[PDB]
*Asks:* 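Please see the structure below; I have some questions.
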Amino acid sequence: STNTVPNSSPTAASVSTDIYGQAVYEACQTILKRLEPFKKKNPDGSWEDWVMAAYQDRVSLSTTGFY
Amino acid sequence: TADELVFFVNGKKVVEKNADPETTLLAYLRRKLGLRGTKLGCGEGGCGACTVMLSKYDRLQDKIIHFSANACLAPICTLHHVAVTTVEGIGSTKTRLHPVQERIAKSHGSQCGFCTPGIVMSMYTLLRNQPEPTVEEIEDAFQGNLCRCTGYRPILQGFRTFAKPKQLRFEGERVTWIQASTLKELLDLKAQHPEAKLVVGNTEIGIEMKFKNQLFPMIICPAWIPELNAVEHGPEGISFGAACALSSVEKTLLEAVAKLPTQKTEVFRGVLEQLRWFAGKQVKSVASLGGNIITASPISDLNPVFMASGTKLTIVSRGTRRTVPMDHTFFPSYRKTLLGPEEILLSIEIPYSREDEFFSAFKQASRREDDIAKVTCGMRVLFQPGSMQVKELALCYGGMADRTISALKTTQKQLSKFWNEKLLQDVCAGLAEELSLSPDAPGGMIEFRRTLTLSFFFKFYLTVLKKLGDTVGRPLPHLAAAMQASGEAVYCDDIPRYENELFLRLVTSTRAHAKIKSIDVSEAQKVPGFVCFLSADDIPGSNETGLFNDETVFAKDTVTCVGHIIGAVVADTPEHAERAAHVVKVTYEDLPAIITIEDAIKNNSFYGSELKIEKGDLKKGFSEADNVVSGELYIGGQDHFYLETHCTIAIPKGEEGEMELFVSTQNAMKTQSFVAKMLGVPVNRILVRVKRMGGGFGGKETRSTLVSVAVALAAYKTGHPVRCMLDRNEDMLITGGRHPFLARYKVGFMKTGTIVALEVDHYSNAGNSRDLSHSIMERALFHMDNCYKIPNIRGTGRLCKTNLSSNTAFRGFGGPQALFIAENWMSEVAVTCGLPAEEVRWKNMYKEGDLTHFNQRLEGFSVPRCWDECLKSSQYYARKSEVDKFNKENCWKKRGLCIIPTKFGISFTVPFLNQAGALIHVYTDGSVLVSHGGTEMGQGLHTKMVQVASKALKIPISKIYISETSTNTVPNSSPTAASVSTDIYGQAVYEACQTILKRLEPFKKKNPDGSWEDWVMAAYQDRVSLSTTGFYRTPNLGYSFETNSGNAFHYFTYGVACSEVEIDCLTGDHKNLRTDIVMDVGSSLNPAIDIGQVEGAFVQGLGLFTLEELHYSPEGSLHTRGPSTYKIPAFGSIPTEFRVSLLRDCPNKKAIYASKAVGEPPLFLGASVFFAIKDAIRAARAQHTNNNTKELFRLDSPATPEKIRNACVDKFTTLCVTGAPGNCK
Amino acid sequence: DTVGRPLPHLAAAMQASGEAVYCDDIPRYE
Ligand SMILES: Cc1cc2nc3c(=O)[nH]c(=O)nc-3n(C[C@H](O)[C@H](O)[C@H](O)COP(=O)(O)OP(=O)(O)OC[C@H]3O[C@@H](n4cnc5c(N)ncnc54)[C@H](O)[C@@H]3O)c2cc1C
Ligand code: XAX
Ligand SMILES: O=C(O)c1ccccc1O
Ligand code: FES
Ligand code: FES
Ligand SMILES: [Ca+2]
């Protein structure tokens, strides 16, 4: 949708996997940096513990990625 | 074999070949004609949201007439050959706006916008009758129109600029309707079928059918018949046909009063007085005279007047004709008159008054019950020619029994007596006896009622004697205001339905506390279009819901309040879902219920343990005190009364559990979360979209989920789109309101007025789940100081667990309750010390840099400046003298003036909620789409966010747009609450804008003379992303109850209000004369928006403290369920002089562009009206009660006419007037 | 970690059942 990702190129030229793949990878990294301090504080915890603890510490769990 | 119904809408012919008698105009406009400008706000005639214009040819009176009407009550079967004009009919943004529409939009008369179309139509209808109205006519036009948002001032200011036939047969699913064309037909039909129900205006029948569950299989409408519409002047009086509208009666009678000599028009003026503050124009233009008479309500305002004056009734059936004067025998029993079942009322002759004949009518300024216990009367005296010797006396009363009655034994005792002091005494003794109420009489208010019967007579006695001897900082209108005025703004139920869309109706507990033994749907199954009944077993995921996981989505084995949701009906139309729901039978086994705060305390029924804040040494502060005062105070709850009730559409996609919802909510995240948990599905499957709400006020922070989850389950179960919009009566019963509070307190203070010690125990009524009750009580305790330095202090709070709907957030979130309790003991300190109230309050104020009771430092403390400034602009000292002078000169009316400050903490008291995200896209034409976590409820958040974005980006507002709020653009959003949305989304939008500017920078550098569009295109072609998030996190927050330190709030918003009232000591009624407000909002992003918030909040506060009264059966069932029994401020409620100022030169370093939160801080200033009322009562009591100037009397909130009247203890309340001994000179 | 695995198209089962929604499969407004 145009209101989640603006100004996108058409899904064309066989490159969608290459390029949207990189953009998704970069947004993932950003989320990983954000969750890191929480992973370190509680390394035996689950994904869900880290996410909640991030949310409760007012860390944003939303990001764009671009390539 | 049914005739075609033919009418007109906005010029266009409508032919309806299968007209159902049960279809309302509002239903037809919205669901057959696709015209959704006209709104549903109550369905009972009180709110005017559904106002339309109607045009029809009075064949008789011989002209086309135009008048307003409530579409929610107009049967389409009354509309044959009538023309309807709706808001769409007069103009729109797509063509041209009517001047009425443009004007209300530009004058800031529209916030949420839900009431705006109805108001537009009222004004429009006025202008079509009188192109150049007076101010009075303008205000009167809006009597039947309610607005919850604006405080009314800007609408009236804005509009000030305009000043100076064959029988038809219809056959529905259940009802057959006959439109009679002649008197013969009427009498014949009634003979063939005597049980047939007449309908004229349907303003009583509609209520019986919708709310009381009646069904009359045959209906005869006789409106067309000329004899039922004649106005005839006779030698004895003026006769009106039974079908004549109250507005025709009013107009005819006003013309007679203007023309004839006073002595002939005593009765006419009685009639007119009762018609004065009677519903609004919409009701008066459709309600018939005979309808009121034959309805025979115990609280009919007209029947007492007709009875007291011997108004002649001409009554007719086939062959029969008689003319009786109305007397006590006309109403044998509850809702019955003295007509046989064949008989119809034909005409009503209202008499001229003779020589030595006098008349008065009066009515109680409150109503708390559907049809009882509102005192209303007609009073008539006839003396011997030229004398003061009584020849006839009639005193007739409504609201003192289950029918209109006459005080026969009392008046008969007066025949031949003279009109003097002895007579006054004799009549009052008789009245108190003959009309006595047992202390358990239905309707309650025993003392007040008795008192009004006597005081109304006293007023009559006295009357008779007399008869003898960059746009930040700019006042930009709400961005949606024009479309709100035009009916183009889309609210949740205005979204079109899918061809396969279904409708849900909730099935609700009728018991406060009971076992659910069984549920039987076999009668509901017979309803056409029934689809299914849903309950707890249909839930695939979890039945465990609510903010603290202590609620069911559907009641399991027990119910815990009246309105506890048991289940739901799904059907093909909302009317079918409604009918089927009423007929689902639940079998209950009653359990011991706990209802009141006192019940809860007696039974130790609480959620958790005592909350506490404590500082200093109490046994010690009290030791040193010169004076110690203790007491107890109660403040009643409040209903939100958003003009748009709760509503959700749920769209199931059919893939992977996906669901898309549109909902009227302040809390998209919890909606998404609750719906997912109900369905047993990851949150990432659920999408929630909020365009706007027609009001929220806290009531849509959490409680919207009761409807959302149920509708979502229906969508899951059926595979169809499903929607539900609550009726007002359902909305008030189920969704919860403000917390009632009880307070037990004790203050120690010096001779001086200086406070030395305070202990307050607070008890809130929480209802049948936790919800936000714990946080609300924390806010309360944080505000128990108001603006005052208290060296030794202890506040406790306890949450009462009860079998009532769960109470929730309401504008102020516990603060107004605590602040009210604060000013109550403060007012008692001043009176006890015998010092001016403003001196005692000023002396006890915090200074710059003081610590609160929770050890947070007050920096930028502007209360002193607001106070100073309010004192001066309101001319407080001058007027105070004027108030004393007035009271020294008036016996039965008194004035009161009070000035009150407020401080209000800004932030969510849960630290993790103070976070906020935004998402911004710039498209390649340079247009900008902003999305943030906040929702629009009328407060102008999106307007403010566009102004911030435009300033941050350095581009015109016209290039920026905010469409909606959604969980797939900004996730994990806090509820739009705690007044901080401007602060936090302002900041988040700002950051996203900075990011975008940093990315465009190299392109502005390569090309500094290029337009925005050049740079945007150039960054696009350089593959620079034009999309980003922004995020904000309020710094330095974290209060600890165990160490009593850390900041609870980011900063404080301050204000001061002065109000003056005049009370009628004999009736408890009052007029708000003048209010001056000075508010500190820092540097306002939008002075028009902010002043609107000050004005609207203030008026909600004055509602809370003086008008709004919820009332329940002893068994916990809500009695007050609509506008007819729950009174929010109306146009006529606001101060005659209503002045608001924003404090100049006071930037706030804490928030976006130096602004401050404004949403909730000014609501409490409404209490200045309450304390002005208390001031005036004090003068009334010095007049008639005792001579103790340091008397403390309790006065609970709301200060309704009952409580005001009972506090004016006099020779009436005590019955000293009877000759009995009691309290009062 | 499924990268490099022959994971079936995530929507295939729904495509097999006719539950997968294409443009014209969206319900019409009244
Ligand atoms: C918002 C609102 C506010 C109101 N405020 C007040 C108020 O302040 N004071 C007050 O007194 N009332 C008040 N009313 C009541 C109102 O006056 C009545 O509902 C109205 O006058 C009834 O007339 P109708 O034409 O609508 O009757 P309908 O609802 O159509 O009929 C009412 C009853 O009268 C019968 N009836 C009608 N005409 C005849 C006839 N000629 N012969 C025999 N039976 C007949 C019908 O069969 C029916 O049983 C209020 C109503 C509303 C909706
Ligand atoms: N017209 C209009 N104005 C309104 C509202 C409304 O519904 N309509 N509600 C209030 C409430 S009640 Mo609450 O803490 O959820 S108890 S905070 C709050 C406030 C929330 O909006 P910001 O000021 O943060 O943008 O708006 C106020 N102004
Ligand atoms: O502290 C508040 O005012 C508040 C308001 C809404 C929701 C949670 C809260 O703590
Ligand atoms: S909806 Fe018609 S009066 Fe309220
Ligand atoms: S603007 Fe009038 S009810 Fe909201
Ligand atoms: Ca609660």
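Below, read A as the first sequence line, B as the second, and so on, with proteins coming before strands; counting in each chain starts at 1. All values below were derived from every heavy atom in this structure, side-chain atoms included, with hydrogens, water molecules and symmetry-related copies excluded. Readers should note that the entry appears only in part, and the reported contacts come from within that part. In listed order, ligands and their atoms are each counted from 1.
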*Asks:* Quick check: main partner chain of ligand 3 by heavy-atom contacts, named as in the PDB entry?
*Replies:*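 Main partner, per contacts: Xanthine dehydrogenase/oxidase.
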*Asks:* What drug are we dealing with at ligand 3, do you know?
*Replies:*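 That would be salicylic acid.
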*Asks:* Give, by letter, every other chain that has a heavy atom closer than 4.0 Å to salicylic acid.
*Replies:*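 By heavy atoms, the other chains are B.
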*Asks:* To the nearest 0.1 Å, how far is atom 4 (C) of salicylic acid from its closest protein heavy atom, and which atom is that?
*Replies:*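 Looking at atom 4 (C) of salicylic acid, the protein heavy atom closest to it is B:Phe813 CE2, 3.3 Å.
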*Asks:* Please compare B:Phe782, B:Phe908, B:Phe1049 and report which has the shortest non-hydrogen distance to atom 8 (C) of salicylic acid.
*Replies:*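 Selected option, by shortest heavy-atom distance: B:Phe908.
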*Asks:* Among all protein heavy atoms in this structure, tell me which lies nearest to atom 10 (O) of salicylic acid, with the distance rounded to 0.1 Å.
*Replies:* B:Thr909 OG1, 3.0 Å
*Asks:* Closest non-hydrogen protein atom to atom 7 (C) of salicylic acid, residue and atom name please, with distance?
*Replies:* B:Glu701 OE2, 2.8 Å
*Asks:* Does salicylic acid approach any residue of chain B that UniProt lists for Mo-molybdopterin binding closer than 4.0 Å (heavy atoms), and which?
*Replies:* B:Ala978
*Asks:* Just jot down the salicylic acid atoms closer than 4.0 angstrom to any heavy atom of B:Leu913, in number order.
*Replies:* 8 (C)
*Asks:* I'm comparing salicylic acid with the native [2Fe-2S] cluster site: which UniProt-listed binding residues in chain B have a heavy atom within 4.0 Å of it?
*Replies:* none
*Asks:* Measure heavy-atom distances from salicylic acid to each UniProt active-site residue of chain B and report the closest residue with its distance to 1 Å.
*Replies:* B:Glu1160, 5 Å
*Asks:* Provide the binding site of salicylic acid at 4.0 Å, counting non-hydrogen atoms only.
*Replies:* B:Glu701, B:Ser775, B:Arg779, B:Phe813, B:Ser907, B:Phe908, B:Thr909, B:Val910, B:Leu913, B:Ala978
